[PDB]
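All chains are named by letter (A, B, ...) in the order of the sequence lines, taking the proteins before the strands, and each is independently numbered beginning at 1. Whatever order the structure lists ligands and atoms in, that order sets their numbers, starting from 1. How was it done? The header gives electron microscopy, 3.5 Å. Values below: every heavy atom of this structure, side chains too, minus hydrogens, waters and symmetry copies.
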Amino acid sequence: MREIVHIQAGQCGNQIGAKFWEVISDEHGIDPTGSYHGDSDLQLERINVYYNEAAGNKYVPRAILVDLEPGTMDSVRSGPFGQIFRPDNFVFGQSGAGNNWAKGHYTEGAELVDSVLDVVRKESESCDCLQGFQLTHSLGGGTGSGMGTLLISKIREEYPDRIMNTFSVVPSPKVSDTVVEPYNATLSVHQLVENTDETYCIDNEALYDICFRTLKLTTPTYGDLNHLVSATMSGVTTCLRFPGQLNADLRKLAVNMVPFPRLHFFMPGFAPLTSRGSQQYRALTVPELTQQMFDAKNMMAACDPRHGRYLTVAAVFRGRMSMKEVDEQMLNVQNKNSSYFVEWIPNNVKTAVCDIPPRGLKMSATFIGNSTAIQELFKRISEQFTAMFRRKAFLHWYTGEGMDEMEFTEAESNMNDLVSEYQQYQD
Amino acid sequence: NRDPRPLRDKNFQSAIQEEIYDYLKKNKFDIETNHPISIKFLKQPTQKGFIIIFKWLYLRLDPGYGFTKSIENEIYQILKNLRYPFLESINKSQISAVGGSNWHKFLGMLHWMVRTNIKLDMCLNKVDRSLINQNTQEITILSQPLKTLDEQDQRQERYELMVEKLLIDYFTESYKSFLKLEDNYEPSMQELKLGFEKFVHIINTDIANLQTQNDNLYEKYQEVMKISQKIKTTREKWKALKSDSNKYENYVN
Amino acid sequence: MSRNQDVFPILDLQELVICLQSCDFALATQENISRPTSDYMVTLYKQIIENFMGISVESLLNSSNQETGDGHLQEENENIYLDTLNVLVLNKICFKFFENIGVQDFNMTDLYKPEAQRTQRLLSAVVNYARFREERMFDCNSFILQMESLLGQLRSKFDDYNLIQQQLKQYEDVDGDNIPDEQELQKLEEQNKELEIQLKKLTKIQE
Amino acid sequence: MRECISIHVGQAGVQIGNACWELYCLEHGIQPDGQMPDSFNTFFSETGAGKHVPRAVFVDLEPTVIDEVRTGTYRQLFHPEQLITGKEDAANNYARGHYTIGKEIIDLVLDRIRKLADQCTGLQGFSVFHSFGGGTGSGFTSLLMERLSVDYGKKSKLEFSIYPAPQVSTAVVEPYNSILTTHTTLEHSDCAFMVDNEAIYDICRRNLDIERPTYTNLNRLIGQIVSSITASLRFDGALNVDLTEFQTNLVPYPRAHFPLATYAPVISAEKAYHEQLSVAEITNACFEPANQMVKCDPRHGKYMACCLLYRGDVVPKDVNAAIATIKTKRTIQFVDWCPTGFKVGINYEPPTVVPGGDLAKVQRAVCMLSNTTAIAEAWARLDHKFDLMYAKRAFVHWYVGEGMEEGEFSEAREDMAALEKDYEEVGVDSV
Amino acid sequence: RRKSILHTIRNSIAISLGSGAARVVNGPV
Ligand SMILES: CC(=O)O[C@H]1C(=O)[C@@]2(C)[C@H]([C@H](OC(=O)c3ccccc3)[C@]3(O)C[C@H](OC(=O)[C@H](O)[C@@H](NC(=O)c4ccccc4)c4ccccc4)C(C)=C1C3(C)C)[C@]1(OC(C)=O)CO[C@@H]1C[C@@H]2O
Ligand SMILES: Nc1nc2c(ncn2[C@@H]2O[C@H](COP(=O)(O)OP(=O)(O)OP(=O)(O)O)[C@@H](O)[C@H]2O)c(=O)[nH]1
Ligand SMILES: Nc1nc2c(ncn2[C@@H]2O[C@H](COP(=O)(O)OP(=O)(O)O)[C@@H](O)[C@H]2O)c(=O)[nH]1
Ligand SMILES: [Mg+2]
């Protein structure tokens, strides 16, 4: 089969992964004790993708919960679905990273990175045919970005063949909760470019706006944002777990979208999302889902797709729909907005259809778009970084922690080069 | 700044193909890199062929530099550190895909490579030729006469430099002998002794020439003093006789 | 990347620094090698290439450049041409020396993108060569003393020749302003004889 | 004693074959578990207990669709060894299907196909079902066709492919794989009947009066066409044409072996009840340009050869009258060097109706297979969609890194640069 | 620079806390 190892670092990654495991456990009919209780034979036909079996007919997730501080970990341990994990997989430090890329990457992270490399190696040898790794983290933190980049590098030099799929919470300009975000983000992008095959860029501001306008929530806490990100994660790999007319796995999706090795920064999105009030009036139809796909407000990255041409698009549907409908929808979307799609790639959109809809739904859909405009999301960072680095602000921390000075210049240069790469194909 | 070379031209492009192929063939590329080359192959490039050509073409610049994985990044770093001026018009992704339309520039880039190689050889031998000068020309400076203190100082400096060069060569030979787990300074000692004997012979010849010149100058100085005394006496006598003749002519006329 | 086994052992940095300062260098300080940079490393290449065999970089660079730096042709890219030639020939001469001392993995990135490990290995090779050269100089200082004595004797001979020439050039006269010779004396004698004949004829007429 | 072997490469082929085997099992009266409550000898071989096992081989590089076959209503129809699966799909990669992933399953599929061919006494050909647009359907089909042409160079091989549509294609790298599979669908094939998804969508929207066509309807219609082709070996009739005479009738030149398919009457229920089907009108509808299966207009091309398989009770004189009527019509233009362009076979067993299907019971039907130059207009379309990618070497790095050499792209395109002329030089008159 | 190497060596003579060179076979041959 196709088994994916799931890794998450930092408080953000731990919480997002906890919500993801809760979502897909409810999808697969698994109680917190691990005993199956669903009423569908199709839930366990391929449950081994996420759940490893054990005696008593119990299923334990393939999760590698890692952090440098046992706080959020001990929060998730006592949670509603916290017992489901393997207690050996709970790996933890004692001194937090303190929002340092150097501490989470070089010194504090190194003492623990072997204790997670051995665990992930054991998990990968415990499965049949590894498809890839699934990583959840954030680029603005200290343990998140640094430890995620360290693990990314170690896996790539240890598992070059498999695929590297990661979900990164890129920092946003407006919603800021840290004064050293640009440094860590710039340092993390360096490793993400050259050591990952596809990365989904996520901003907290975009999720907040989606909760404000689409869902029309009053006070959207972190639970709602992590719920949305978990829904996107499950939608990406729904093709592996369930049958359908068209089946697209991670390698298929990558070869569809990724045109060049260094252009793998995708904007994710989900549909249909509606507030609980207007959720009885509108009727679900494929053209409406495809229209909601390309709405500039439904994006999960704080950047406007209208500012640059799309490179490629992937659409993963769920339900029972005639495929003429969806294929004509994509043709209409492409030709009506022909200035938003590049000219030297005909048929930018790749479609997949899964037969089993989400529980409590008749129809759903996930959008993954590789577009040039994402370069905007980078220049802003490369401004702030520079706007600090010219004055050598806050450097002494990293430098005394063990980071050479030239590394910051190299990271800024590579960020600029990737911005130029994306802008090059825009015109 | 923009690109002034007409890479988009057609006859120019064919001419570039021509001398690039001639240079590539005359260095036995097909045997040393075991890859056949044709005009058609350079017309339609490929990833492996372009990478191999660039690798061979750069190894002629820095033979001690070794390649590794991540070929595109290595090529970009090489292009940067070669002090290349037109790099702002190139991008990493274009390097990753040589064969596209951007190839209309990329092949010309290789051309400059070849040109440097050509320029390189005009430099290369001359470096040895420089040492060749130190082997011969300075010796000629030691075999020429001296007529001023500056010339003698220059000759002494040249002799000291030659002695230092001989000592450095002997030390290098001894170090090379000692590198291979051995202690055999006998050839180095013999070379140093031969160089010292040659320097001593040159110094003796120069000293003999200087002594002969000094003796000739002293003899000429004595002769010049005698001739100056005689000339002063003759000039005084001639002036007195001319004055007497002028006075007598004035009195008689 | 090229790599070879070295006969000399790996040596740590601090006594390397102090001995490099003691022997001939002054820029080989602790922080200079502790922080690898292009400019300092290439300058160190310069001081060593002027050290061990004692001819300047600029002379060699100009003497390899003049044929392309002059007016053979008007094409504009001559300056970048010559700059690339400069960096490549520096690479190439450094490669000659480093293969002469047992290093066959040295390259151009060593000049312009140095790192601690390879630079310190090169410095260990440098110090072993410097110590062996110092031992050779201590053994062959007799030749240096003989050369110094020969130079002193040559200087004394040159001073004697200059003094002799100055003494020779101390003779001058109205007839013979180019130092006295036989021709000036003969001309003066002929003029005096003619004047004396005229005076004698005048005296005989007036007798 | 005739036999026919059917091969199904994963995504399109497995589903098309599932529809085909539904249709065959209904045709021969067999129950869907294989027990039967002659004609079936071509497709189904019997055992001692009365069970009939089909001569089918199901292949894929991912096991999900086969697992649907392995657990659907036909899990007992197949012998569990012809259901062959891989571990990871080719993932739209031609090199993965052909070079890297395919070669670990190619040995098993050849072994099983040889085992199946051993039981055949007079095997006539291979009915290979695949798709030009994917990774498995291009690469693995190319590798399998190479192996078969090496091992079975005499027997005919028929490919029933799914050519990518001009506009509604569902893959970013589809032109690459479609161009790459041409070298192996050109020389190692006998009669590859092209099919486009867009044309069958249009046919379902117009003739069948349905605007929500899933893949099931297209698979059912393709199964109907292939059953109409193979009906000559299963039932008697006034005129029967086997695969060898079929090729000798259609294909005029070795490289001009890309026929164009059409079926009639593709009609709904109410229209069938109100209409009164006649041989002349179904024959004319076979020539209707919007009824073709490839999005090309036959008016722009000249028909090379045509064969008509009349299923159901039809009298030959009516067929001759319809042929004369078609020849009199000036919209259908043939080529000068082919005076007699119509070859006709008639079978006495009318088409079956699948319960829950969309095609009503018709006492008669007709399948048209026409070799013509109009199909050339299809090729050029992909020759555009290929170029706009290869002009920038867009996705080449995804194939070169899997075992492919970049030049093999251009060479494949070069083959089209020849093949077009093979539909153009012969298009010119003799003088 | 007029600082002659031979003259400087003679003046210095008339290891700087070191040793007279070394030669050891490398283990990782
Ligand atoms: C009767 C019915 O339709 O129930 C729905 C529902 O009413 C609607 C309106 C739901 C509802 O969603 C929301 O209002 C919402 C709230 C916060 C954040 C996002 C959405 C629902 O909450 C969403 C929830 O949907 C699911 O459970 C999905 O399958 C989803 N599951 C979870 O998120 C989940 C989390 C924890 C435990 C169990 C399930 C999912 C989707 C894709 C992949 C995996 C899981 C359910 C049942 C409903 C409500 C409760 C009203 C809608 O959302 C979803 C995600 O389907 C809003 O528009 C859709 C359409 C649905 O019809
Ligand atoms: N007519 C028809 N075509 C189908 C059907 N299923 C898939 N296809 C075709 O398959 C094409 C997409 O190819 P893929 O999804 O990559 O499947 P594949 O060709 O086997 O390649 P892989 O996914 O690597 O196995 C589409 O363009 C469809 O035309 C079907 O049921 N009927
Ligand atoms: N999307 C999302 N973002 C979060 C969540 N929690 C924290 N963040 C953001 O992630 C950034 C990094 O914070 P943190 O997780 O403490 O960094 P770490 O120490 O490296 O793990 C902060 O700026 C937060 O705004 C969460 O639950 N969801
Ligand atoms: Mg497939």
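Here the macromolecule bound to ligand 1 with the most contacts is known in UniProt as Tubulin beta chain.
The name given to the drug at ligand 1 is Taxol. By chain letter, those with a heavy atom nearer than 4.0 Å to Taxol are A.
The entry's source annotation for chain A reads Sus scrofa.
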